[PDB]
Visitor: 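Entry of interest: Beta-secretase 1 complexed with AZD3839.
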Amino acid sequence: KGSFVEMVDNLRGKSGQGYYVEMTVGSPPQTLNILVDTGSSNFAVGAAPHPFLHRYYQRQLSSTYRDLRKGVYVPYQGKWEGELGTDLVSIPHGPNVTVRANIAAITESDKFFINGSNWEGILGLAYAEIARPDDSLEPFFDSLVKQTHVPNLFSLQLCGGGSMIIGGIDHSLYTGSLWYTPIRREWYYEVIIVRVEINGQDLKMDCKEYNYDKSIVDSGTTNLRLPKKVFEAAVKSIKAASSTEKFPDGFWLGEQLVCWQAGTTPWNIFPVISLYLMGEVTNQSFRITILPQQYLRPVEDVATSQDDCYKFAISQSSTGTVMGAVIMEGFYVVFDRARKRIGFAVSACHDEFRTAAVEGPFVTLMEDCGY
Ligand SMILES: NC1=N[C@@](c2cccc(-c3cncnc3)c2)(c2ccnc(C(F)F)c2)c2cccc(F)c21
Ligand code: NA
């Protein structure tokens, strides 16, 4: 155990409900399913009964628990609040190690836990800068790296199951080349989008529009979220490409499903979306190409099962671009913290006409694209 091979397929999930890894907290170990979240920096676990919780962290049963005598209140679409402490943590299908880490024991929450998601807490994988109550609460990955010989890198293969490879890159999880984009600032995993194309047609905006006010890679968000101006242009362009069929406005707003008779989804009418990411060299970029099989999220429901029903998984944001799970799915994503960069490669996990791609280089002879 502890080898990248034994880490393959260590993630599970429910579509739109996040991807989770099995973890243990306390001594003796208490097994919990934990949402893998690149969009936050707290390790926070249900620590009191809840209607949506199968199990929860019982601090009174752990001799290794240490109370930090400090509250944490996290309002955000909902909220969670609790108490801080430290305890022994391990990932049974991860590295062969046990570490002492900060843990926020969630004692009260609103719209945080989801009915039937199968997870009991969240593993915030981003940086200390966005940790709550402040940057002095060391995130889990920082403790893991400080306490062991685990390399300062992790990778995610999200399969729309999947794999979280801690401390390395597993070559069996992707094909082709790994293309790197710089982490602009170590808070969220912030990146820069330099160009957006839909059906190979450039949106023709100043590239700063794509990164208003930041662009991040977030496994804890389902959708591709875009700033208002970008979102409006994307929708207009997708509507034009798919004009042979007209859908309700609620569909485009992500509040209404679109259904087709089972096996008849007209994938061909929907365009490919290309996001060009800043390269590791000046004015060089690479693109990641997403198919409608990624941006039209199937909604599993026995009641609608004579059909295949989808939610449009692209939505408006007022807090910048969010490259959520629907974007990460079908790409092997390397969070290369040691080299302050994020790598993308086509994942080993489309149709007979098109395939998702990671390709480059592209030259734009260009202004700075960030805020
Ligand atoms: N990326 C994020 N992680 C948060 C979160 C909280 C609860 C459930 C999910 C989730 C639901 N469905 C599918 N995937 C994920 C995500 C989050 C917000 C605040 N505090 C934390 C904390 F635990 F670190 C996490 C969250 C809330 C809102 C916007 C976001 F970008 C995130
Ligand atoms: Na180390």
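We're numbering straight along the sequence, starting at 1. For ligands, and for the atoms within them, numbers begin at 1 and follow the listed sequence.
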Visitor: List the ligands or chains that belong to AZD3839, copies included.
Guide: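 It's found at ligand 1.
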Visitor: Could you check atom 5 (C) of AZD3839 against the protein and tell me its nearest heavy-atom contact, residue, atom and distance included?
Guide: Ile122 CD1, 3.8 Å
Visitor: For atom 24 (F) of AZD3839, find the nearest protein heavy atom and state the residue, atom name and distance (0.1 Å precision).
Guide: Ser40 OG, 2.8 Å
Visitor: Can you list the atoms of AZD3839 that are under 4.0 Å from a heavy atom of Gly39?
Guide: 1 (N)
Visitor: Students should be able to answer this: which protein heavy-atom is nearest to atom 19 (C) of AZD3839, and at what distance?
Guide: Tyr76 CD2, 3.7 Å
Visitor: Among all protein non-hydrogen atoms, which one is nearest to atom 30 (C) of AZD3839, and what is the separation to 0.1 Å?
Guide: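 For atom 30 (C) of AZD3839, the nearest protein heavy atom comes out as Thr221 OG1, 3.7 Å.
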Visitor: Which protein heavy atom lies closest to atom 4 (C) of AZD3839, and at what distance to 0.1 Å?
Guide: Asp37 OD2, 3.7 Å
Visitor: For atom 31 (F) of AZD3839, which candidate among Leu35, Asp218, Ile216, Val74 provides the closest heavy atom?
Guide: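 Answer by nearest heavy atom: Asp218.
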Visitor: Considering only protein heavy atoms, which is closest to atom 29 (C) of AZD3839, and at what distance to one decimal place?
Guide: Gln77 OE1, 4.0 Å
Visitor: Nearest non-hydrogen contact with atom 10 (C) of AZD3839 belongs to which option: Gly18, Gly220, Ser317?
Guide: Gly220
Visitor: Which protein non-hydrogen atom lies closest to atom 20 (N) of AZD3839, naming both residue and atom, and how far is it?
Guide: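 Nearest protein contact, heavy atoms only, for atom 20 (N) of AZD3839 is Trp80 NE1, 3.1 Å.
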Visitor: In the protein, which heavy atom is nearest to atom 11 (C) of AZD3839, and how far is it?
Guide: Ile114 CD1, 3.7 Å
Visitor: Of the side chain and backbone of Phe113, name the one, both, or neither that has a heavy atom under 4.0 Å from an atom of AZD3839.
Guide: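 Near AZD3839, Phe113 shows nothing, with every heavy atom at 4.0 Å or more.
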Visitor: Can you figure out which UniProt domain of chain A lines most of the contact region for AZD3839?
Guide: Peptidase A1
Visitor: Please list the residues near AZD3839, using 4.0 Å as the heavy-atom limit.
Guide: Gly16, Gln17, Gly18, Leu35, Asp37, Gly39, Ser40, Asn42, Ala44, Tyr76, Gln77, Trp80, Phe112, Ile114, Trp119, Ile122, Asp218, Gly220, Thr221
Visitor: Under 3.5 Å, N/O to N/O: give me all the pairs between AZD3839 and the protein, one per line with atom names and distance.
Guide:
unit_1	atom_1	unit_2	atom_2	d
AZD3839	1 (N)	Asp37	OD1	2.8
AZD3839	1 (N)	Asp37	OD2	3.4
AZD3839	1 (N)	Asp218	OD1	2.8
AZD3839	1 (N)	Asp218	OD2	2.9
AZD3839	3 (N)	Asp37	OD2	2.6
AZD3839	14 (N)	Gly220	O	3.3
AZD3839	20 (N)	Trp80	NE1	3.1

